[PDB]
Number of protein chains: 2
Amino acid sequence: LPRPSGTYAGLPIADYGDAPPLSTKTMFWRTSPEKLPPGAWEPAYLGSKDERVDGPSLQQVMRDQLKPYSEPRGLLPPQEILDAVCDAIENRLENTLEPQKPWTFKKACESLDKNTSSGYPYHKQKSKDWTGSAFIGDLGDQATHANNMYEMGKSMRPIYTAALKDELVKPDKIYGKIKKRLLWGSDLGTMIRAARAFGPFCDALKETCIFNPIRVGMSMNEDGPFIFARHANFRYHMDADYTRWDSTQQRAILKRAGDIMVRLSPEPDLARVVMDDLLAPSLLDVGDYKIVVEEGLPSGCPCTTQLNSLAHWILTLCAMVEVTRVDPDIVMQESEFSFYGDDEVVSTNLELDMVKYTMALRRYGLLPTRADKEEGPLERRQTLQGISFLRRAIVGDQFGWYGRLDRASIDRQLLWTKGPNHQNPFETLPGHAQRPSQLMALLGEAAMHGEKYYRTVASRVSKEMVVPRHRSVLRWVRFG
Amino acid sequence: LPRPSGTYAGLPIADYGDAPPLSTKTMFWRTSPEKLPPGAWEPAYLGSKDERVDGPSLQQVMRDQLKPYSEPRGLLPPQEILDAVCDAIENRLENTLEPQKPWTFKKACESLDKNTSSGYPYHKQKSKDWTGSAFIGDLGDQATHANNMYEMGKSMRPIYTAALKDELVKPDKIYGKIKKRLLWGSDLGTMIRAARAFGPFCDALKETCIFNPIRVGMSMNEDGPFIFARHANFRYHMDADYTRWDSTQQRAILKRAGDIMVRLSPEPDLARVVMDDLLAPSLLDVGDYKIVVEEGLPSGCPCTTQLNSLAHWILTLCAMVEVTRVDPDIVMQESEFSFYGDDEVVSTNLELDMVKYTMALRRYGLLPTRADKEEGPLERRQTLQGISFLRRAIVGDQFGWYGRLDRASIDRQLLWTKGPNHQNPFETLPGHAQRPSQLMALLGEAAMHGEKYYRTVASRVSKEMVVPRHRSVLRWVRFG
Ligand SMILES: NC(=O)c1ncn([C@@H]2O[C@H](CO)[C@@H](O)[C@H]2O)n1
Ligand SMILES: NC(=O)c1ncn([C@@H]2O[C@H](CO)[C@@H](O)[C@H]2O)n1
Ligand SMILES: [Mg+2]
Ligand SMILES: [Mg+2]
């Protein structure tokens, strides 16, 4: 790790790799031996061992995912606008966030998801070194060292591990041009430091997820109705529907978001050291090599999705301010935003030139796309109905607004179920005894589509009855 | 109690009275010996012993309050409209209310406010016969008999006790034309029966107070923002601001509201017996006599304020349906209502002829009044801002909507404090050690008016410090 030399997928090699091989397995199993409807989604490509198609290696698929990181960046928004929007944003957070006490090492440790990997360098499930209150063994060593560096304000180089997302995808991403989504896996030391540094801010932010636009932490079922009611106070509604959000980010933008997180943290000088590490040119371990990724979002650790949401807030406000020429905090008097990483809903009373708005977005290097996928510009509508958020269509009736999962995704979840990793997606789980709460929730989702549809998906079990009456589950899913 | 003969205050005497004399005391004490600002509110008239003015007897003041009950009633809304709106209303409640289990005698008993009177015939504070889990002694006898009548579906005649409200009033109601507000005090037996009958429905209703328009049970601070956000989804806003709501009610309207409560109750046949008793010509004990009050609202027991809110819903929908000619449930797709007894906010997208709307209201015998108190018709506005609800002005900024208590009422609460009953309102409590949470809440209210105003009312103590910074209490009062 002196200085880089060599190139992989268009990016500089900084070191030999330590990551385990990409997974060739999926967690999805068919729920029935029957034949899939034509055009059905299926688990993403499993690589050379994947019986369904002869395709490239997982590594080559990953190589494709890394291309956008060497694309030239877009332009910075005009400096004066950028400063004004960041100030307005930080100021809104000062007026809303409840000041927090610092997180302990112990709190940082309990916060981590114990079911995912520790990443570099042990790449073991976190629970495997977890007593219930602390990390011991290898993980305990790594945790404790990182924590000492944190308290001394000393810098550590994060090391991320590249992976590919096991998820259902439309058949074309398997039988046409193979595509599978890139994942950044943080290292345990970095997760510890980020958690201690930023946990307080993130908790304060979540408590605020209804009246601030960063919606991370919200309950669709509990908060959706209030949040959507808010959006509906405004005349115009839209969704830029971005392509490649994370890989098109500018670190310079991310650093402005980071500055805000730092200043709003209980231990700002300790949190600066950590943020500077997160945002410095990143080491990504693709297996054979660790490569240097200077640009785009390094999406590994616990609080990046808030960092990303914050960057999104900054950009959206920048574009709106540039076009309408109204002050960032005045725009926020006339608008309601929802952000969750790249996911967005923007509602405003302001009269926005959509051609200019799209061009500004594209100029910052973002890739917004129209619903109909035709050559731009973005459209705006005068009804919230039809826009979506967190994968749920936004619906309004006489009782209020709410998020509804579309019939296709409901159908899909009836066709697949989660289980241990395996090679052949079309295998049926022999367990024939799953889906406790899952099923119930699916009844909930379906009830919201009317009795006709609900009666069909009440099909059914098992392989314990019986079907709750439609009225009853509809009432239960919408109301207290 | 055979049949009526004789007249008191224009109403028929049915029996000799048993009520204690009207109170000559107030619970309010000055917080300081200083002289009141001119025009300051003061506790209502205390009768012949009231040092501040030579005025009539409390009884004569009450006699005046009873006049509206012998006024001829207004017209019933056209039958076809009345049926349609009631059906739409009952139907909305069916789709929203979570079905309930019957209340036990024990549950009915614990629900009662133990700090108020038992009314007829013991007129003792309820706590005085209360073990912590059951009524013993006299109250136990009365409770247990009423409860047996309830379970056998047997009818009892309610007996209400007239009182006059001890509250702060504008000086003119003390030094000009004396006025003091009539109160109906239910009898313990009736409270038991109404509670067992209607408690389930009322609890189911309260759980629903955000997405149904009967707002009884709401928290201004917690629910206000969501509720007001809902209202703000609509274009037009208004408030009929009624005079003498309760005394202008038609029992026939109240019975339609009652029918709905009955059918939506877990023990409908038992609840019918009770509702028929509540709504039958009522015995009101004014001291010397029990008089028969056939019309207006008998506002005694636990659930009348929901009954009254429901009647209000019926009337408002009737007037809107009559004028706009759109179906009651379609009106409820295009509107948001809030009702709390006579207190109302009506928001709609519908294009309402306000002349026709006022005339329809007046025809049902209601007395809506304009903000400026000039000869009608009611106005509508296009902003919610400026309308009030539950005595709090409705305010909206970039964070959302919320209820704010006006500076005058805040000032007032600094000038008076609650204490034991006494004769001279200008006496200062010698206790000089009160107002724990009270003060804090007052800081909250004042913070919402800006730092300038907030700094002044931070005056202050005591007679423990210190003043929380304005930012801090503003944040605490608006947000989580
Ligand atoms: N489309 C969505 O709802 C979503 N979820 C997460 N992210 C953001 O994208 C990153 C990687 O997917 C995360 O860390 C978040 O910042 N976006
Ligand atoms: N103005 C208000 O907010 C209010 N509060 C209560 N009521 C109704 O009026 C009756 C007597 O005041 C109660 O039982 C309720 O039905 N109105
Ligand atoms: Mg969206
Ligand atoms: Mg009002």
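The alphabet sets the chain names here, A first, running in the order the sequence lines are given. The numbering of chain A matches the PDB entry: 5-467, 475-491, in order. The residue numbers of chain B are those assigned by the PDB entry, with the residues present covering 5-467, 475-491 sequentially. Side chains are part of it too, since the values below use all heavy atoms of this structure and drop only hydrogens, waters and symmetry mates. Just follow the structure's listing: the first ligand is 1, and inside any ligand the first atom is 1.
- Looking at ligand 2, the drug among sulbactam, neridronate, ribavirin, clonixin is ribavirin.
- Of all chains here, the one making more contacts with ribavirin (ligand 2) than any other appears in the PDB entry as RNA polymerase.
- Counting only non-hydrogen atoms, chains lying under 4.0 Å from ribavirin (ligand 2): B.
- The residues of other chains having a heavy atom under 4.0 Å from ribavirin (ligand 2) are listed as B:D250, B:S303, B:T308, B:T309, B:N312, B:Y344, B:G345, B:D346, B:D347.
- Taking every heavy atom of B:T308 and a limit of under 4.0 angstrom, the matching atoms of ribavirin (ligand 2) come to 14 (O), 16 (O).
- Counting protein heavy atoms only, atom 12 (O) of ribavirin (ligand 2) is closest to B:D250 OD2, 3.4 Å.
- Lab note: ligands/ions < 4.0 Å from ribavirin (ligand 2) = none found.
- For ribavirin (ligand 2), the atoms lying closer than 4.0 Å to a non-hydrogen atom of B:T309 are 13 (C), 14 (O), 15 (C), 16 (O).
- Between B:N312 and ribavirin (ligand 2), a contact under 3.5 Å exists for at least one N or O pair.
- The B:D346 neighbourhood of ribavirin (ligand 2) comprises atoms 1 (N), 2 (C), 4 (C), 7 (N), 17 (N), with distances under 4.0 Å to a heavy atom of that residue.
- UniProt domain boundaries put most chain B contacts with ribavirin (ligand 2) inside RdRp catalytic.
- In chain B, UniProt Mg(2+)-binding residues less than 4.0 Å from ribavirin (ligand 2) by heavy-atom distance: B:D347.
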